[PDB]
J.: 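Mind having a look at this structure? Questions to follow.
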Amino acid sequence: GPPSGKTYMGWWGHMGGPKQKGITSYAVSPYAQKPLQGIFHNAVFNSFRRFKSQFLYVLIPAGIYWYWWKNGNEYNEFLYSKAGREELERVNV
Amino acid sequence: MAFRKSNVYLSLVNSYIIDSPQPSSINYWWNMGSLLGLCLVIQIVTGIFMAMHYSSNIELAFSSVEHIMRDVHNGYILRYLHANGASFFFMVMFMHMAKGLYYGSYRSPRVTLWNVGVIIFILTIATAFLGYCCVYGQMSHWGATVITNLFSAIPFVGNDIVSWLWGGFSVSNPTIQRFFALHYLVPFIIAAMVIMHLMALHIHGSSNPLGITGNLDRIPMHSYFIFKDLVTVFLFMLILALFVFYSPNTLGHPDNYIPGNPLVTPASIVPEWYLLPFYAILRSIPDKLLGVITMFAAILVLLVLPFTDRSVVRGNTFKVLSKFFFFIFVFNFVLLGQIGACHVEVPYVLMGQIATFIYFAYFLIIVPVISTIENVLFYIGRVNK
Amino acid sequence: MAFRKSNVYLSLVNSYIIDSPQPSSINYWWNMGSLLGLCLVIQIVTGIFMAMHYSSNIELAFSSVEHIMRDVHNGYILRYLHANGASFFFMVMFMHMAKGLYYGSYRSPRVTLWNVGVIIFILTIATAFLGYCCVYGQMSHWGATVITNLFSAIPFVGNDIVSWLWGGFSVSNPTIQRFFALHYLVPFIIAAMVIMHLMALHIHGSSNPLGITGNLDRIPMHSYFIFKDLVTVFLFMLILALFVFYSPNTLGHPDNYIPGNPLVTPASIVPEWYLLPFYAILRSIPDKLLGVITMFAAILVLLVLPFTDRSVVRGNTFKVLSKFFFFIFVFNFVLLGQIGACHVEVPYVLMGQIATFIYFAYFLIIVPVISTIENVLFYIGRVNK
Amino acid sequence: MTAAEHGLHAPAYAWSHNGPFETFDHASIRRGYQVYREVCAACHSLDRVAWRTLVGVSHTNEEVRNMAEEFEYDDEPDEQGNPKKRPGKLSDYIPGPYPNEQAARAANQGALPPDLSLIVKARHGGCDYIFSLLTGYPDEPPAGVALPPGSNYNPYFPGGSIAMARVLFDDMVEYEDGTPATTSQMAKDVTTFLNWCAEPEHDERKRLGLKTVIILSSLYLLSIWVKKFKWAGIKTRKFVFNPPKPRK
Amino acid sequence: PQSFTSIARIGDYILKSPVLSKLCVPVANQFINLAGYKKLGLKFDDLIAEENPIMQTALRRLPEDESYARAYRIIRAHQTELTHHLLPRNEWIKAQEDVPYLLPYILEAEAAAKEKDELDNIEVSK
Amino acid sequence: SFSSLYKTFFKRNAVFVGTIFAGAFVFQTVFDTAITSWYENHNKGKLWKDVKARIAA
Amino acid sequence: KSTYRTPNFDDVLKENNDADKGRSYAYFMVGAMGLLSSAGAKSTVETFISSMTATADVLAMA
Ligand code: HEM
Ligand code: HEM
Ligand code: HEM
Ligand code: HEM
Ligand code: HEM
Ligand SMILES: COc1c(O)c(C)c(C/C=C(\C)CC/C=C(\C)CC/C=C(\C)CC/C=C(\C)CC/C=C(\C)CCC=C(C)C)c(O)c1OC
Ligand SMILES: COc1c(O)c(C)c(C/C=C(\C)CC/C=C(\C)CC/C=C(\C)CC/C=C(\C)CC/C=C(\C)CCC=C(C)C)c(O)c1OC
Ligand SMILES: CCCCCCCCCCCO[C@@H]1O[C@H](CO)[C@@H](O[C@H]2O[C@H](CO)[C@@H](O)[C@H](O)[C@H]2O)[C@H](O)[C@H]1O
Ligand SMILES: O=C1C(O)=C([C@H]2CC[C@H](c3ccc(Cl)cc3)CC2)C(=O)c2ccccc21
Ligand SMILES: O=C1C(O)=C([C@H]2CC[C@H](c3ccc(Cl)cc3)CC2)C(=O)c2ccccc21
């Protein structure tokens, strides 16, 4: 194995990060817990929070886009209708 | 040491699939490359098994696929899986590329990682196109005419290139036969390339839905993500099962059960969905040479993204102004696609034009602007003086 | 550090082709794997380029190759190169496998290295056979009958396997078509496998025509061997040029310019030369099941070679009794081949039988014997008491 | 696009097979073949369908052997080197009315009647659009629409001008089972038969589809469960911070 | 890679002008809220992407107990983020906390670099 | 799934690779049994078998 | 605080009715997935292989 180029990742025991002191972790065996850890009840009060916190950032842009869609759509059905052939002969040439 | 670590072969297996240190915090978005490798494998298995009964002669071509449909045992399952799968390949790949924009994966040290995926994406379009030209229905023969013809756009030599590339006067027989052969070749090139793609991925490891450093809380891909990835997998197969058995053509164009005919283009030229947004961009340009260029540029521009992102953080996650336009971008891109399906009628053309602008402007203009602003909001939005 | 070392991609390139530390003492024998990789590349390029004009339908099949011959521009060069090249592939590969016996490369730590090449050698026979069945001349249709039929030798299920594998009553159309498709697939498997083969090679590095440790006088593959390998390369192309333009069929069987016919086997059944020594071994056995087994065993037995070599040194180089039988082995193997060409007449059958014995006895008997003796000559041939 | 160039949208009739659990109506298919045989065979090839393929679907082994031999396919030359006919076998493909593209057009004012074997997929809407173009030949080409010589009007075709004249006229087919040989019953059948023709695998395809999903769904839910289990230590994992005396 | 030295220039200017400052900072304040990040115990200097030399001059330099601090937050971040939740409301970093603890060094180092860049290409007039 | 009804067979170990394959082998017949039944019934009258019934020639 | 001072999983941990339901539920989970997977993997293979049995349009027993 020749030299390797330095990066920002290493493997365990030299992962690359800064030198941890102070934190203390605790966990419990996946056997040692309720099957269905926390389902329904209060785990769903979040299925509306994970929603709220973001929806606008999608809806607002989806909105802008879906109304713009509907508009010229309507507008096209018109100028290709009877009631529209007028405007057509003008807009189109 | 353990054997899987020591062996020349199993050490790779271990170090990319078992003992790999992943950020502890990554979510189901990251399951896409996994599900990407799964499609490529579905493409290659079902393809080969089908090729065993395929004929690439311009006569037998259209029929032989009907042969695979009417005659070969489970052959219809072979086709609907190949075809629907190619689509899911493309969806999943967009979602994979999405994820990379949103969390700003394209961003150093991951540039090469990113860049290579742009090569893969290119090769996957090249691949799937050829596989389409191999059915030899209507959409096939005319698809194959236009793509061959993109090369005329090349100054001087351009027509000849096309003639060559055709092996004669028209998209004829020496054409479907090379399109079959090149369809065989290329998927191995994707796989070749998926390997360098995974090598880049490997030396830096995955990012996170927080755009901070992973190196403080890693966990090993086995058995978490191996099991996590298994959830997206089955789900993937389910929807794919749904299409394949119940909606086998809810994704294809009926013009393609018509034997290709070199004298008569249809009058409903809708191309593949995953292709539409480019068809749109192409059409948007009333000039031949420029139009071509702009279509290709629609994909290349993806390479500036690490320079134009001016930010100081990777990720739209803590980025309101960034999120917002990011979904304008997504939604533009879908609209652009709707534009591809509709006729070159009004206001559609002009709508098409505006989206196209929005498209490139997002990489080239919105992003470096917004991100520079967003740096400055981050400063004055706290400090004293 | 330098860039070629630092880059994710160029570091491999460097470490396997530029900066690799080779034993200082290795000779032109070692140029074989290099020249091996070159054939595999000649096989794959010319193959694909030919496939563009090939049809794998049992009708058009024989003709389409004539098409490639009479019509496709430089198409005859495409064929004579594909075909003659496959042969040179096989020569060079035997010489490569020779070299490995003689200098006792098969010998730890290089077992896996060795073993994998046995897999490659198997896949190359599988590959080239299918490529033959794709001409669909006489030798093709009957070659393809017998190999398909080796599977009947399998207890019970054996006939069905063959029926399956045929896709019908005889080596028919669903056969040549799968034989074409599998011919496409497999060479990528060889290449896949050449990579693990080169990985094994890499972690131990090459041996030497002295069977001692390299680690005291290494030099880097660039620019010595890169240039050394270039000498064997051109020379290789020269003889290949010689055949290809002047002796294009001095290596093929004329029965194959005859369109295959399922009712009428010829009466001169000479199979390919690189295959002959096995044809011989096969025939040598008046029992069907056993005969098959012994043919396959003729290749597998190659895997015991690191156990039966009892010696204490790697290499026939300082080994008189070893050299001697080693060339009996080579020369047997060639004779065995001559036996394959001649009719099952006398004394040929009985000569065939004796060579076959000599063959397996060389791995299983001569070698561990001789080498154990040779250990003891090495002791008493010096020391006092 | 003017609603005239597009063609009128065929409506969502409620077919026997629509739905995830619905085999064709084989009785219906059986009728369509007669409606096929007596009416449209006059002009339309059905070349990618083979006699045997009918057996077990619309008919019985002889029933299809009978039909089969009513036609003389080409057959290998005698010992002299001169042609011969022969009846059909079940191994055969139902022969086209015409000997080539030309005579098909000669017999139709230069129109090329589409081979029907794949029609229910080579058209948008398909089953519906097939029914509707067949029960949608209205009496007269709407006020103002001026129709060419040898062309009919249909709202369901694009730009109405269809080179195929109407062909369903109540009872022209003698429904062997004894059903109202109407035009909306003559039609609904050839559609259900033509559906089959382009999608023979159909009933198995949903059968297997059924299995695939039930198993695959279960795997999905099963996989999920499993995941939360293996994650359970990481999910409920809980840290704490205690700053440390400054000395290093 | 828009420069911090450059964000300083712009953001200092805006902070100084009582004209600008009154217009901008309300929004900026509104922004560094909508970000969500102080709800994952994150100070803003935590977020700064590190895979580049300057930040690695700037973390090697960052006082010990300060790095232990960073650390806990960064792990607390990930941990919570993966729990698909937000912290106990009273664990959130409070508006007075989100202080540019890192920014001097980043600036300290940026400065140092731009200097060396210059001093590598310093020309001469005779 | 009840802790008694499971632990009976398997005590406190998972399923074993071969028992799996065994179940798989059995399940695969038991399933294609059920589902092919429920489907032939759901489509009663419609099957060519049901139509072969009435129709005579 | 002291490091021994052990956080609360009383929400997560099950009441001591049985320290063996969180194992038994899991194994029937992992196990029935194991089962079905295989059972599917089996069929997937069966399918491609049978892709090679004689096409529907050949068996000319004539
Ligand atoms: C054959 C197609 C592809 C395969 C097999 C593939 C595979 C993968 C895999 C397995 C990962 C790790 C899991 C994940 O992060 O999603 C990944 C991540 C990534 N991919 Fe791909 N990918 C493909 C397409 C692409 C494309 C088309 C691009 C860009 C145009 C791309 C760029 C990236 C980047 C930058 C990451 C790092 C994401 C992160 O930091 O989490 N990939 N890819
Ligand atoms: C990246 C991998 C692949 C992609 C994206 C891809 C894409 C496609 C597409 C879109 C079609 C037309 C499908 C249809 O509408 O019927 C097709 C057809 C076909 N492909 Fe592939 N293909 C891939 C790999 C392969 C491989 C490895 C083979 C091996 C022989 C193969 C063999 C075929 C054959 C014989 C057809 C014609 C039959 C059919 O259309 O279903 N493909 N391909
Ligand atoms: C695709 C076919 C093959 C390729 C591309 C290939 C490639 C190579 C290369 C490049 C080398 C280094 C140069 C040399 O030592 O000759 C090598 C050596 C070696 N090969 Fe192969 N080879 C092939 C076939 C085989 C086969 C068929 C076997 C055994 C059955 C084998 C076993 C070995 C061994 C044991 C060495 C080490 C030789 C030494 O110590 O010098 N190879 N091979
Ligand atoms: C290890 C690599 C290969 C070997 C050893 C091999 C072997 C052969 C052989 C012995 C023949 C019969 C040659 C003759 O007597 O005319 C053949 C034919 C053929 N091969 Fe390959 N082949 C290989 C790779 C490929 C590849 C990658 C392709 C890609 C399409 C290909 C395509 C063909 C075609 C179309 C033919 C029929 C035309 C001809 O026979 O020259 N081969 N192959
Ligand atoms: C069940 C009975 C029949 C059905 C379902 C049927 C169906 C069709 C269909 C689907 C088309 C395709 C037009 C399109 O959708 O674009 C067509 C066209 C045509 N049909 Fe028929 N047909 C039937 C009977 C007949 C008969 C009896 C004749 C003449 C004796 C005939 C002559 C033609 C001709 C000449 C065309 C060409 C029209 C064009 O090019 O637009 N058909 N038919
Ligand atoms: C850094 O983070 C990671 C991460 O690294 C990985 C690896 C995964 C897991 C992802 C993967 C394992 C994806 C890997 C993708 C691949 C390996 C794709 C490569 C696929 C190929 C190269 C296809 C090659 C296929 C063949 C040769 C099969 C063809 C053989 C055939 C057809 C034989 C059949 C023929 C006959 C005649 C029977 C993650 O989820 C992840 O996220 C946390
Ligand atoms: C330890 O000692 C060594 C040693 O290690 C090495 C490496 C060498 C040098 C040997 C080598 C470099 C051998 C390497 C062999 C290979 C790299 C073979 C691998 C070849 C492939 C994997 C083939 C793959 C080919 C393709 C994908 C090409 C196909 C592309 C095509 C056909 C495009 C054309 C199509 C169109 C439409 C234009 C030595 O000489 C040596 O001795 C001292
Ligand atoms: C790609 C195609 C895949 C096809 C389908 C694969 C099916 C996989 C089935 C494998 C079953 O493999 C099974 O795994 C279980 C763990 O759940 C193993 O159980 C083992 O570890 C468990 C703990 O998890 C212990 O209780 C037990 O004492 C031990 O034997 C067992 O040895 C093996 O019998
Ligand atoms: O006219 C076209 C056309 O222009 C495309 C388009 C779709 C996008 C293609 C494309 C090629 C390369 C890239 Cl990198 C992206 C998209 C270019 C051809 C088609 O796919 C098509 C299909 C069937 C009939 C006609 C047509
Ligand atoms: O009868 C045979 C025959 O037996 C072989 C033989 C040659 C060696 C083959 C072989 C197969 C596999 C291996 Cl690992 C080695 C050799 C087996 C078939 C032929 O190649 C052949 C070619 C043309 C006509 C007839 C025949």
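So that the names make sense, note that chain A is the first sequence line, chain B the second, and so on, each numbered from 1. Side chains included, hydrogens not; waters and symmetry mates left out as well; all remaining heavy atoms used. Shown: partial entry. Contacts: counted within the shown part. Whatever order the structure lists them in is the order used to number ligands and atoms, beginning at 1.
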J.: Which compound from verinurad, disopyramide, atovaquone, torasemide occupies the position given as ligand 9?
T.: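 It is atovaquone.
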J.: For atovaquone (ligand 9), which chain wins on contact count (greatest number of heavy-atom pairs under 4.5 Å), named per the PDB entry?
T.: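 The largest share of contacts goes to Cytochrome b.
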J.: Under a 4.0 Å cut-off, which other chains come into heavy-atom contact with atovaquone (ligand 9)?
T.: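 Within the heavy-atom cut-off of 4.0 Å: B.
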J.: Tell me which transmembrane segments of chain B, counted from the N terminus as in UniProt, lie closer than 4.0 Å to atovaquone (ligand 9) in heavy-atom terms.
T.: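 Counting from the N terminus as UniProt does, heavy atoms reach that close in 3, 6.
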J.: Enumerate the ubiquinone-binding residues UniProt records for chain B that place a heavy atom under 4.0 Å from atovaquone (ligand 9).
T.: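 Heavy-atom check against UniProt gives nothing.
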J.: Tell me the residue and atom bonded to atovaquone (ligand 9) through a covalent linkage, or none.
T.: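 The deposited model shows no covalent tie.
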J.: Among the UniProt-annotated heme b-binding residues of chain B, which come within 4.0 Å of atovaquone (ligand 9) by any heavy atom?
T.: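 Going by heavy atoms, UniProt's heme b binders that qualify: none.
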J.: Identify any other ligands or ions less than 4.0 Å from atovaquone (ligand 9); say none if there are none.
T.: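 Closer than 4.0 Å: nothing.
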J.: Which species does the entry list for chain B?
T.: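 It's listed in the entry as Saccharomyces cerevisiae (strain ATCC 204508 / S288c).
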J.: Please list the residues near atovaquone (ligand 9), using 4.0 Å as the heavy-atom limit.
T.: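 Non-hydrogen contacts come from B/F129, B/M139, B/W142, B/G143, B/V146, B/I147, B/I269, B/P271, B/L275, B/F278, B/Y279, B/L282, B/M295, B/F296, B/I299.
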